[PDB]
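Below is one structure; the comments refer to it alone.
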Amino acid sequence: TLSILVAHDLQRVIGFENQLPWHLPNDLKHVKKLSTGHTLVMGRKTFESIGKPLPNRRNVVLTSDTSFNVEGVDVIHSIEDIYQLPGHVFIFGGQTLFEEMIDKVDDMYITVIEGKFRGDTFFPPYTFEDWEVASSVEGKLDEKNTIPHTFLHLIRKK
Ligand SMILES: NC(=O)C1=CN([C@@H]2O[C@H](COP(=O)(O)OP(=O)(O)OC[C@H]3O[C@@H](n4cnc5c(N)ncnc54)[C@H](OP(=O)(O)O)[C@@H]3O)[C@@H](O)[C@H]2O)C=CC1
Ligand SMILES: COc1cc(Cc2cnc(N)nc2N)c2c(c1OC)O[C@H](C1CC1)C=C2
């Protein structure tokens, strides 16, 4: 499978100043669940944001930089390289990757953050005319997760 994995808010903000605008442990545990044992593909800036590879899965960074060679990370240098990765591949960010891949992926795992944040990076617009809701699960609120949020699994129609 080729999947998108993304959290975006009511206006499709994904980012601010190279960070997530929200603090939401549950969603990061969501990410852990989904992608552990599989492969994440991410652009260089996103990799730089996270700082190092995520444990217990394959980390692939897409970059133009041929100097790039990082302990625990596989480098690719074209979009086309994605399609030769074995396994369940998650497109993991950021704006540029999402824009490039959204028409290409089988399905999307979206966490809708039910707020409006200040952002400088965005998920591309999409229509539910194009995308079937395989599931929609309200995330649980509590002391440490205080933003309402919904896990969507969408699958391309037709
Ligand atoms: N909310 C969420 O689920 C997520 C949000 N984010 C947010 O997104 C923002 C980052 O997005 P964005 O600025 O687009 O950066 P990206 O993470 O998408 O990285 C951009 C870089 O990726 C490399 N790249 C992209 N496409 C190609 C290509 N076709 N060929 C070769 N290299 C390529 C380039 O690296 P280079 O210049 O080195 O060649 C490019 O500069 C951050 O604010 C982050 O917080 C990130 C992940 C998830
Ligand atoms: C841009 O910043 C992040 C993007 C992301 C990417 C990301 C976050 N959330 C969702 N739902 N999808 C995504 N693709 C993450 C993230 C980020 O900040 C650390 O944190 C954690 C990593 C283990 C430390 C996980 C994801």
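Numbering starts at 1 and runs along the sequence shown. Ligands are counted one by one from 1 in listed order, and the atoms in each one are counted from 1 as well. Heavy-atom basis, side chains included; hydrogens, waters and symmetry copies ignored. The deposited model was determined using X-ray crystallography, 2.1 Å.
- With enarodustat, iclaprim, rucaparib, torasemide, plinabulin as options, the drug found at ligand 2 is iclaprim.
- Most heavy-atom contacts to iclaprim (ligand 2): the chain the PDB entry names Dihydrofolate reductase.
- Interface of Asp27 with iclaprim (ligand 2), defined as ligand atoms under 4.0 Å from a residue heavy atom, comprises 9 (N), 10 (C), 11 (N).
- Applying the 4.0 Å criterion to heavy atoms of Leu5 picks out, from iclaprim (ligand 2), the atoms 12 (N), 13 (C), 14 (N).
- Residue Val31 holds the heavy atom nearest to atom 8 (C) of iclaprim (ligand 2) of all those in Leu40, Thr111, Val31.
- The option with the heavy atom closest to atom 19 (C) of iclaprim (ligand 2), from among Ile50, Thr121, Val112, is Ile50.
- Atom 26 (C) of iclaprim (ligand 2) has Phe92 CZ, 3.3 Å as its closest protein atom, hydrogens excluded (heavy atom only).
- The largest share of chain A residues contacting iclaprim (ligand 2) lies in UniProt domain dhfr.
- Counting heavy atoms only, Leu20 comes closest to atom 3 (C) of iclaprim (ligand 2) of the residues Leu20, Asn18, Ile14, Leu24.
- Counting only heavy atoms, iclaprim (ligand 2) sits under 4.0 Å from the following UniProt NADP(+)-binding residues in chain A: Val6, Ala7, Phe92.
- Nearest-residue assignment for atom 25 (C) of iclaprim (ligand 2) (options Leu28, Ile110, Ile91; heavy-atom criterion): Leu28.
- Atom 23 (C) of iclaprim (ligand 2) has as its closest protein heavy atom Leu54 CD2, 3.4 Å.
- As for UniProt substrate-binding residues in chain A, a heavy atom under 4.0 Å from iclaprim (ligand 2) is present in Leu5, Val6, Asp27, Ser49, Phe92.
- Taking every non-hydrogen atom of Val6 and a distance limit under 4.0 Å, the qualifying atoms of iclaprim (ligand 2) come out as 10 (C), 11 (N), 12 (N).
- The entry names the source of chain A as Staphylococcus aureus.
- When only non-hydrogen protein atoms are considered, atom 1 (C) of iclaprim (ligand 2) lies nearest to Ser49 CB, 3.9 Å.
- Close approach of iclaprim (ligand 2) to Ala7 is summarised as follows: ligand atoms under 4.0 Å from at least one heavy atom of the residue are 10 (C), 11 (N), 12 (N).
- Applying a cut-off of 4.0 Å to heavy atoms, one finds the binding site of iclaprim (ligand 2) to be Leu5, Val6, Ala7, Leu20, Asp27, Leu28, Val31, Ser49, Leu54, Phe92.
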